Amino acid sequence: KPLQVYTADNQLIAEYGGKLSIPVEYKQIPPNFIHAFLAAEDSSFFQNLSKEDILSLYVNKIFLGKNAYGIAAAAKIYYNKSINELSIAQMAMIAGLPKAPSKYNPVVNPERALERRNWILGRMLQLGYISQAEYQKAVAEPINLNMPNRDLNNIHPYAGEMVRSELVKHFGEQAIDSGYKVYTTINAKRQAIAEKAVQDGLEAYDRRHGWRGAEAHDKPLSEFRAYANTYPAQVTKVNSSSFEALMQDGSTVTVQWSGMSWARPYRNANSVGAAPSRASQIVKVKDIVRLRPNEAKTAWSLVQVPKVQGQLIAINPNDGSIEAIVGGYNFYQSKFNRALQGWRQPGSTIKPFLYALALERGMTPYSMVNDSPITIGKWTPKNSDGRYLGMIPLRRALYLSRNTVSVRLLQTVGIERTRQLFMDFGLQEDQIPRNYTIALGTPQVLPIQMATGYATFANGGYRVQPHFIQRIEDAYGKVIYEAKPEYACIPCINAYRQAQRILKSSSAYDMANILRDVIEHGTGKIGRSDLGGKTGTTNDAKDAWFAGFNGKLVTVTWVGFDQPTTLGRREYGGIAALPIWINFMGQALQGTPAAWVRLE
Amino acid sequence: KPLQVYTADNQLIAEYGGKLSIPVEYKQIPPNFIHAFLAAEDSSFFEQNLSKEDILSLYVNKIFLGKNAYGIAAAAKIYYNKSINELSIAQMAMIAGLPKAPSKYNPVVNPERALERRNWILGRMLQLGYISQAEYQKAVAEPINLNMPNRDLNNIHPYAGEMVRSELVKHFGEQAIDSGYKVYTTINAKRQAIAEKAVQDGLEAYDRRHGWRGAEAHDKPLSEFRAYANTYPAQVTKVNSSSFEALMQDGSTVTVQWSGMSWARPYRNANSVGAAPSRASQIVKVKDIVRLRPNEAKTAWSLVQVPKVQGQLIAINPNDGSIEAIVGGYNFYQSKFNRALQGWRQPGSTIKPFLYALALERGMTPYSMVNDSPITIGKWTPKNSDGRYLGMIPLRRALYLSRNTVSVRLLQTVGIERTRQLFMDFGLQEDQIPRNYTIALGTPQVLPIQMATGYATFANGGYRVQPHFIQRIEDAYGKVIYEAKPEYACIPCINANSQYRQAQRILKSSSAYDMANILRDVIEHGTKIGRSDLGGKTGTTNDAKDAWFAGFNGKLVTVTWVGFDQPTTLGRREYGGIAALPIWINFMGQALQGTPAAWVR
Ligand SMILES: *C(=O)[C@@H](NC(=O)Cc1ccccc1)[C@@H]1N[C@@H](C(=O)O)C(C)(C)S1
Ligand SMILES: *C(=O)[C@@H](NC(=O)Cc1ccccc1)[C@@H]1N[C@@H](C(=O)O)C(C)(C)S1
């Protein structure tokens, strides 16, 4: 009975197998398996004939490492076999595990596992349990593990992992042995769109910065996995216009010129080399490259897995329901979820919160703010273009993300009030400094916290908590948990708990319209008039961000390197992150009526 | 509901607690405990959390919290011997930090990391307004304060209880304990208590004759020493002419008079002891950690000494192989090692009755004339105890005097391998039996339990029995789930796929009966106990590195052994009949008291 993960459309996406036990009748056990356990210890005092009687009591319960309880569960976990399918060597291997299922574990210690196994086989031969023909056959055998994957998460991997990883973080492994059915808030349609959007957008950035060379050279093809419609290939021959590579299935294909001609060499973030003139300039024989098919087959392409990363988090602003979550380029490349764990500087994406607080103090989008050099704090922050503009309205200041006005508004608003709003988005006391650096978006945030923060505009100034579980049922079918979220607007549940108000209705509604002005009048791609959004770029374009919404959906996208480096000069939030956001929102919001903030 | 260990005479001797879970109603949980789990993680996605509080109720009694603890109540019991409402804020925070990795943060395994995690949580609890700063300073300054109760109770017959736990765990792992079963052993409690006293007195006898070896420590702390085998650590505070004064672990100061320490002839070596002490300063120094023994009144104290020497006793029923008594060393609290089941030693002349039984097999009798003459085996001429020879002598005289030359001659007569096969058929390990003429003088390594199995062959009429310690196992519901089906030497004897297994015959009835009587005459001629149904053989290895005695009656086989764990000489006077035999006599006399004569048939 495994932990089962479903989407909001009651569709099964993941099964997570915990503690396994397959009880067998003593008669169903091959004698050689019993013999293996009898030879496992030198001395029995319960020859070993009374151990055979007491063995029946423990045979289905013995912990045999890696969630295996009993002989059948160990035959399944280690070899993907039934007890009668096991070899003498395999039976002896399992027979050696009870004493210490970690010091002898063939996964965690293959060295000692073989030593123990063969000792048992040696003892079985001495006891006349096995013949020498069986002894030589068995002792010469390798470990031969064929471990089936009991953690099935192949449909929406980041969504299934989110459930497993979060339950384990808060409650340990016992959370997976409960056999519960977890019914998530995830929209599968929206989840699929987000997965494609993050993959395409990162492939877009990667392609424009050029070919970086093969992912490895003189390394073994067995050590690389296929994913995101990219398949590892070992280059075998390089010609005038085409190369030949060996696939993991054993086949060899011929990647033609049109499939590699894009490979202008990467020189730096801001520089790429001339278009390649021959295939030798792109690949070397014994290079580990990634290839891509077409629809069915026909032709192949030389592709590249981005070194760059990204994320997407989409939440319902009224309750905080998580609709879509993508933690990186691909789950197989990295199981790391940047949406829930990727601490980054928000840069300019923080400004709408600070400018909302200015509006709360009495200001308007038209209020005159001053873009001037700020020496104050014996630290002089400089604007993006190293320029100043003088007196400009609050709305202009936000749109151009004038760093000097932000520090001035932070001095006006007070560092305390700013930190209070931030904590209301899920932030900890320890992750927001007191200093005037918070006006510039330098403190580390998780994108989920940004989606929570932007939801404040979308919902009219209420504090919603992001949540991924709608209900949990026990294996039987009984509902044991039913989500009771804090609602921004309780009447709105037509197309119990009330969320506390964190920002004044007018300020949340005003910021919303400034953000809509920012997207409709600044930048320029969708046929919607209910969208508000803000771009963000940190110092030396170390992060590209876009936080945007409509009345029914908040989406935050991010693009950057895991080890912080520049994305390039001409690489801002609106260039790297925005195209993923547009591509998601357009598709996710397709055939849905206009929904905007309610000034109540 | 722990693994319970009983004797054959129905005494509960040990309780072994495995996986623990004490389910509690969510309402019964102190809010500070819930708050601790709330502050344990930075972000929850299932200031306030709320979502976690609802999902916590589902796992609160099942969360694995390390060291067999499942749920908050089990962790409160295991780590602190407290109920959840008795926990401090610091303790609640400690348990709250364990779910994520109950080993990387375990306070019993990794205390440093555990302290860092706990305080981080307390810090987090203060930030959220869960705890006040007064509670924060109070809690953060607290130590680990572990008060782990002992869930493995075994203080009646410790070697017997440990035998069950250690053997189930060896063969079946920890899951063998969390089963809640009732194990009904073959152990006789009366006999077990006698054996415990016998092994303790006999080793104290050897130790005392060998002299005082000095205090167990000097200038060290009295808190670091345990009391056991009726010996209590004392720190010497004053040394008078004829007496000394020592501080006890309870805080009292006792006076040890001259008669209490006068035995303390100083130990020089196994073969040498110093002159009788003339004054108390020659025995003790002020600040010496000594061991004392009271009388029954606690009105007189004695200076005693824990033997450096070891011993064992194993008593089994020869008809089925039931283990009646087992003592693995001087005391379980000095060493948890069981020398009866794990102590591999050379048997010495304790092996000759096996070899002489095979001589009888082929056709010989106790009266058959054998040759005590000088025997050359390659570049090794074995010499008898006294180096002398006796010429033609009957087989029984040869065994009694343990004439090494007749043994090698009998080994040549029966054949090296045909003997190895028989030694194995007696219960000795194939790999542990060499392929040479020295197996005649007991060179192999044996377990005493194997010797008791082998001697039971004489006692039972030539059958091979297997030693067993479990009579039956019942589940928690009272249902018998296991019932021992041993191989019986004599099935009719109990009434004084099959229901009753008949043990395999390994000797002709005549040769087992003949060896038995040879062994009885070995014992009657130069033993003490008022019994005529006892047969036995002494054993001494080269340089008295081992003193042995293997003896029986029709109902009980007892094997005793005396020696050092790191093989050294016991001394020159120290043969099997001197060191081991007195423990055997002392046990057998008391164990067989008020029982009719029982001999082989
Ligand atoms: C907030 O993100 C702003 N960042 C900065 O002013 C610092 C900076 C920006 C680019 C390179 C080096 C340093 C603004 N981010 C973008 C944006 O909002 O899209 C601008 C390019 C307008 S600056
Ligand atoms: C068997 O134990 C025999 N021992 C030896 O040959 C070696 C030895 C060791 C110490 C002293 C003398 C000889 C013989 N049988 C034992 C016995 O049965 O007790 C003797 C010590 C008599 S010698």
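Chain letters run A, B, ... following the sequence lines, proteins first and then strands; every chain starts at 1. Atoms within each ligand, like the ligands themselves, are counted from 1 in listed order.
Per PDB records, the drug at ligand 2 is named benzylpenicillin (bound form). Here, the main chain in contact with benzylpenicillin (bound form, ligand 2) is recorded in the PDB entry as Penicillin-binding protein 1a. At a heavy-atom cut-off of 4.0 Å, the other chains in contact with benzylpenicillin (bound form, ligand 2) are listed as B. With the cut-off at 4.0 Å and only heavy atoms counted, the binding site of benzylpenicillin (bound form, ligand 2) comes to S349(B), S385(B), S402(B), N404(B), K537(B), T538(B), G539(B), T540(B), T541(B), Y575(B). For atom 20 (C) of benzylpenicillin (bound form, ligand 2), the nearest non-hydrogen atom of the protein is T540(B) OG1, 4.4 Å. Among all protein heavy atoms, the one lying closest to atom 23 (S) of benzylpenicillin (bound form, ligand 2) is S385(B) CB, 3.9 Å. What sits closest to atom 6 (O) of benzylpenicillin (bound form, ligand 2) on the protein, heavy atoms only, is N404(B) ND2, 3.2 Å. With respect to atom 3 (C) of benzylpenicillin (bound form, ligand 2), the closest heavy atom belonging to the protein is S349(B) OG, 2.3 Å.
The closest protein non-hydrogen atom to atom 11 (C) of benzylpenicillin (bound form, ligand 2) is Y575(B) CE2, 3.2 Å. In this PDB entry, a covalent bond connects benzylpenicillin (bound form, ligand 2) with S349(B) OG. Protein non-hydrogen atoms do not reach within 4.0 Å of atom 13 (C) of benzylpenicillin (bound form, ligand 2).
Scanning the protein heavy atoms around atom 19 (O) of benzylpenicillin (bound form, ligand 2), the nearest turns out to be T538(B) OG1, 2.8 Å.
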